[PDB]
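Structure note - actinomycin D present.
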Amino acid sequence: XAXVXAXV
Amino acid sequence: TXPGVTXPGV
DNA sequence: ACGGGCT
DNA sequence: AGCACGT
Ligand SMILES: *C(=O)c1cnc2ccccc2n1
Ligand SMILES: *C(=O)c1cnc2ccccc2n1
Ligand SMILES: [Co+2]
Ligand SMILES: [Co+2]
Ligand SMILES: [Co+2]
């Protein structure tokens, strides 16, 4: 849910 | 980080 | 369920 | 070389 590197 | 030492993130 | 981004 | 995240 987070997008810190993927943002799923 | 930073840059340097993106972000995090981006 | 998913890996990004320059000094 | 340097960084952990949640819908
Ligand atoms: C987003 O909130 C979130 C939480 N857990 C995960 C586990 C694995 C892949 C993606 C995820 N995204
Ligand atoms: C983004 O590519 C990425 C990779 N690993 C992580 C670990 C913990 C929090 C966030 C992250 N983001
Ligand atoms: Co991973
Ligand atoms: Co990466
Ligand atoms: Co989690």
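So that the names make sense, note that chain A is the first sequence line, chain B the second, and so on, each numbered from 1. Any value given below was found using the heavy atoms of this structure, including those in side chains, with hydrogens, waters and symmetry copies removed. Modified residues keep only their parent identity, or become X, and their further atoms are not part of any contact count.
Counting every copy, the structure places actinomycin D at chain B.
Chains with a heavy atom under 4.5 Å from actinomycin D (chain B): A, C, D.
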